[PDB]
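Single-structure report; data block below.
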Amino acid sequence: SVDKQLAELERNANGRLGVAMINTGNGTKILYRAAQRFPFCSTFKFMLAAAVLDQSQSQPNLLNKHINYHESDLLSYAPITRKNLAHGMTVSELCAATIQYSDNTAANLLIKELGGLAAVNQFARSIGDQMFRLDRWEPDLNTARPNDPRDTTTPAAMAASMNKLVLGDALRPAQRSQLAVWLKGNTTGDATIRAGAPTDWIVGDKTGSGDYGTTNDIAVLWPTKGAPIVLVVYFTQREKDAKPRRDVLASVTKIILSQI
Ligand SMILES: *[B@@]1([O])O[C]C2=[C]C(F)=[C][C]=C21
Ligand SMILES: [Cl-]
């Protein structure tokens with residue numbers, strides 16, 4: 001029933017759908033195609049910020065490091081780093097921007113500070129995530145080509161990680177809080193998981209879009225009654241210039257929340 005509705009939603013939507021849900025209330029999970037790979041797109045920015053937060057556990061001054069980025073770093077999609085070209089940004093603001101606005105330059109800048117793509121992989125491995133895999137820099141990583149494993153995860157791996165990172169004990173508390181906070185101030189989420197959620201709830205989220213109408217969102221939801229819930233929804237379609245299907249994410253959320 002739980003399964004049948006998603007399968008039916010996915011049939012109807014003409015794409016492939018990946019859900020994982022974790023109610024940290026009891027400890028129960030709703031999984032649909034949870035072990036299949038999907039192109040994460042901008043959703044990895046979450047993992048990237050966690051990595052930065054992990055590294056700042058050693059480096060008291062990391063978050064406050066002033067970064068003076070150049071003209072040549074700027075990309076098509078970078079409202080915030082564009083706005084502050086001239087004054088530079090702190091690593092910490094870089095994190096807010098990457099999360100809350102999905103700024104690509106900020107991300108590239110942060111990967112470089114961590115010391116490259118493989119440092120995001122290694123952070124992913126050290127938290128038990130064995131599926132996360134970053135292969136290219138922005139903007140090349142949102143091609144979402146059919147059965148291309150580059151730059152993918154599984155819904156389950158991303159839920160487990162978001163769970164450990166935001167609600168578990170992956171991080172120390174100040175770093176943990178910072179992560180939730182960035183998430184809470186996200187500005188790209190109104191139309192996806194937020195839209196399928198009681199308007200009284202509080203949602204922190206990271207979205208993703210890309211080719212093949214890849215539409216993704218990864219969220220913590222703070223309910224009125226009870227414990228936080230982890231929700232990961234990934235979706236992809238037939239054609240390369242497919243338009244996003246945010247509605248599908250809204251409807252998935254609506255389904256999952258009835259069950260609870
Ligand atoms: B991403 O997946 O989040 C939004 C976005 C914009 C863009 F231009 C490239 C990649 C992403
Ligand atoms: Cl805390």
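One-based numbering along the sequence shown. Counting convention: from 1, in listed order, for ligands and their atoms alike. So this one's X-ray crystallography, 2.5 Å, going by the header. Side chains included, hydrogens not; waters and symmetry mates left out as well; all remaining heavy atoms used.
The chain in largest contact with ligand 1 bears the name, in UniProt, of Beta-lactamase. As PDB records put it, the drug at ligand 1 is tavaborole (bound form). Counting heavy atoms under 4.0 Å from tavaborole (bound form, ligand 1), residue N216 does not touch it at all.
Shortest contact from atom 8 (F) of tavaborole (bound form, ligand 1) to any protein heavy atom: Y77 CB, 3.3 Å.
The PDB entry lists the organism for chain A as Yersinia enterocolitica. Tavaborole (bound form, ligand 1) places these atoms under 4.0 Å from at least one heavy atom of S209: 1 (B), 2 (O), 4 (C). In chain A, the residues that UniProt lists as binding substrate and that have a heavy atom under 4.0 Å from tavaborole (bound form, ligand 1) are these: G208. Short version: covalent link, tavaborole (bound form, ligand 1) to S42 OG. The UniProt active-site residue of chain A having the smallest heavy-atom distance to tavaborole (bound form, ligand 1), to 1 Å, is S42, 1 Å.
Scanning the protein for heavy atoms near atom 4 (C) of tavaborole (bound form, ligand 1), the closest one is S102 OG, 3.1 Å. The heavy-atom binding site of tavaborole (bound form, ligand 1) at 4.0 Å consists of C41, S42, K45, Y77, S102, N104, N142, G208, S209.
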Anything under 3.5 Å between an N or O on tavaborole (bound form, ligand 1) and a protein N or O? List each pair with its distance, or write none.
unit_1	atom_1	unit_2	atom_2	d
tavaborole (bound form, ligand 1)	2 (O)	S42	N	2.7
tavaborole (bound form, ligand 1)	2 (O)	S42	OG	1.9
tavaborole (bound form, ligand 1)	2 (O)	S209	N	3.1
tavaborole (bound form, ligand 1)	2 (O)	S209	O	3.0
tavaborole (bound form, ligand 1)	3 (O)	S42	OG	2.1
tavaborole (bound form, ligand 1)	3 (O)	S102	OG	2.6

